[PDB]
Amino acid sequence: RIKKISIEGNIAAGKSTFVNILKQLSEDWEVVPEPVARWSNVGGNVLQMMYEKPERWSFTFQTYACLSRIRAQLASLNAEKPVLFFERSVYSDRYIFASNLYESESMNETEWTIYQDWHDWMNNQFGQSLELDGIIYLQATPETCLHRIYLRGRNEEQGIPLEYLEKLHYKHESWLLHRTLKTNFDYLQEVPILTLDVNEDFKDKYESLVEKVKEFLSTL
Amino acid sequence: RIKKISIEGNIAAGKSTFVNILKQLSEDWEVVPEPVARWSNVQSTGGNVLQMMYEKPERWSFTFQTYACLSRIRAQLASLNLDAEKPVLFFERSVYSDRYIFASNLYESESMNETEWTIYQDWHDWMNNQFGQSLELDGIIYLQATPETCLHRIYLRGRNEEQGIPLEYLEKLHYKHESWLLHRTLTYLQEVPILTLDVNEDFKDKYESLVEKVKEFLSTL
Ligand SMILES: O=c1ccn([C@@H]2O[C@H](COP(=O)(O)OP(=O)(O)O)[C@@H](O)[C@H]2O)c(=O)[nH]1
Ligand SMILES: O=c1ccn([C@@H]2O[C@H](COP(=O)(O)OP(=O)(O)O)[C@@H](O)[C@H]2O)c(=O)[nH]1
Ligand SMILES: Nc1nc(Cl)nc2c1ncn2[C@H]1C[C@H](O)[C@@H](CO)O1
Ligand SMILES: Nc1nc(Cl)nc2c1ncn2[C@H]1C[C@H](O)[C@@H](CO)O1
């Protein structure tokens, strides 16, 4: 049993940074990066198409994003205590991003219906293989994430308003901290969650965070 | 194992008519209709995405293709779970005609762009590679009708959302059928046996000869 751990967090919270750190630490730990390059060049920049015109492209983006993530995660499944760290999960795709888009009217009722039906189906076929043993929540304020967006400077992301990040933050908080967000996957209510404050730059100040992860993994 | 047979044909060629004749002819024969009622009122487990596509294909075609293909797959898979002796399952169209006739045409006509088309193909590959293995066809029956016959049959059935379909659209789909199933120029499918039936003549009360061709064809598989 490879233990499967999803790293969750708002845009530019520091997931890639954290996971690039973690993978360098044990031969028994592997990561699966979010398929961002694939979305940027399917130009066929569907990430950019969605940000530029979300009401036209959100549904299209959601379908490709989730599929590309599932493919990567399944592929990674093929050591002493192996751990697989996923950058986000099929659940954040649906219950954080897709849901917010529906709520903001970037997906209509039909698009949202078709999407949930698709996502339901995909998971009945592969829920079992990608069932998470734990979640690491990298928690950062919307303001922190907005600044880290500016820092990173992806051209597609520079139009993003603080209000968008807030909406996504509230979803993370409701799902992972308050545990009030209801999903269709009941086991997620009881999955162990490690919450890490990453408002401070941790690139060279990560010993405490890494200590917390090891302790958490040993309880699983 | 059930023999799986797709019934292929242009819009309003008479596939549902034909299949509803065949299902009455033996306990061993069952049919999987196209989920048109799911497309006309989008539900879950309401928007008319069929009408959405016809009214604005360049907005809704990709969305229609994913839903229609998933709904077809689901319907065909649920059909598998006929103790009959010589069991035959007749599919109203297949995942192949979804991709290689309909979606291909919409991309060729610029209703789907390069990104939509890439995404759809990637999606179709995976969906079929993961859930279609048990849906491989043992045979195809091609109900062949001219584009003109189809157009008048569209007008006869009188589906509201189909009334704007031009002859040229039917021609394009007709060519795709001919090329795939007759000329075999168009994707194991290169090898699947095909029965071609001419259905230009009304067959509602004159189908004995068609049915005899089908019985014989099935007896060769
Ligand atoms: O402790 C940190 C964490 C992140 N970053 C930067 O903040 C931006 C977003 O981080 P990352 O790509 O990891 O975020 P993700 O979107 O993967 O959550 C990138 O420029 C990082 O280099 C940083 O400077 N110090
Ligand atoms: O021999 C026939 C075959 C079909 N129809 C009519 O043609 C229309 C389209 O047939 P169907 O729905 O079966 O076509 P499909 O789209 O399923 O190919 C319907 O009004 C049928 O009643 C007919 O009058 N005589
Ligand atoms: N399901 C998703 N729906 C949307 Cl609209 N966006 C997403 C999704 N998953 C990742 N991103 C975005 C957030 C970042 O801008 C970028 C890399 O995480 O991709
Ligand atoms: N893959 C499909 N792509 C499109 Cl654009 N349309 C389809 C498809 N499959 C069936 N139909 C349409 C044709 C008829 O109008 C109706 C019932 O067959 O649905």
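A note on names: the letters A, B, ... follow the listed sequences, proteins ahead of strands, and every chain is numbered from 1. First listed ligand is number 1; within each ligand, the first listed atom is number 1. We read in the header that X-ray crystallography, 1.8 Å was used to get this structure. Scope of the values below: all heavy atoms of this structure, side chains included, with no hydrogens, waters or symmetry mates.
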Which option, triclosan, cladribine, metoprine, desipramine, matches the molecule at ligand 3? cladribine
By the name used in the PDB entry, which chain has the largest number of heavy-atom pairs within 4.5 Å of cladribine (ligand 3)? Deoxycytidine kinase
I'm curious which other chains are hanging around cladribine (ligand 3) with a heavy atom under 4.0 Å away - can you tell me? A
4.0 Å heavy-atom contacts with cladribine (ligand 3): A:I11, A:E34, A:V36, A:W39, A:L47, A:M50, A:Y51, A:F61, A:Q62, A:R69, A:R88, A:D93, A:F97, A:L101, A:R154, A:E157, A:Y164
Identify which UniProt-listed substrate-binding residues in chain A lie under 4.0 Å from cladribine (ligand 3) by heavy-atom distance. A:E34, A:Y51, A:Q62, A:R88, A:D93, A:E157
In terms of heavy-atom distance rounded to 1 Å, which UniProt active-site residue of chain A is nearest cladribine (ligand 3), and what is the value? A:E87, 7 Å
With heavy atoms of A:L101 as the reference, note each atom of cladribine (ligand 3) found under 4.0 Å away. 5 (Cl)
Entry organism field for chain A: Homo sapiens
Atom indices of cladribine (ligand 3), in the order listed, that fall short of 4.0 Å to a heavy atom of A:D93: 1 (N), 2 (C), 9 (N)
Below 4.0 angstrom from a heavy atom of A:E157, which cladribine (ligand 3) atoms are there? Numbered from 1 as shown, please. 14 (C), 15 (O), 16 (C)
Short N/O distance, under 3.5 Å, between A:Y164 and cladribine (ligand 3)? no
Checking a contact table here: which protein heavy atom is nearest atom 12 (C) of cladribine (ligand 3), and how many Å away? A:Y51 OH, 4.0 Å
For atom 5 (Cl) of cladribine (ligand 3), the protein heavy atom that lies nearest, with its residue and separation: A:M50 SD, 2.8 Å
Write out the residue and atom name of the closest protein heavy atom to atom 19 (O) of cladribine (ligand 3), then the distance separating them to 0.1 Å. A:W39 CZ3, 3.5 Å
Which of the atoms in cladribine (ligand 3), numbered in the order shown and given with their element, are less than 4.0 Å from a heavy-atom of A:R69? 9 (N)
Give the UniProt-annotated ATP-binding residues in chain A that lie under 4.0 Å from cladribine (ligand 3) by heavy-atom distance. A:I11
Run the numbers for me: atoms of cladribine (ligand 3), each under 4.0 Å from some heavy atom of A:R154, listed by number. 17 (C)
Which cladribine (ligand 3) atoms does A:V36 reach within 4.0 Å, using its non-hydrogen atoms? 17 (C)
Atom indices of cladribine (ligand 3), in the order listed, that fall short of 4.0 Å to a heavy atom of A:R88: 10 (C), 18 (O)
Any nitrogen or oxygen of A:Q62, side chain or backbone, less than 3.5 Å from one on cladribine (ligand 3)? yes
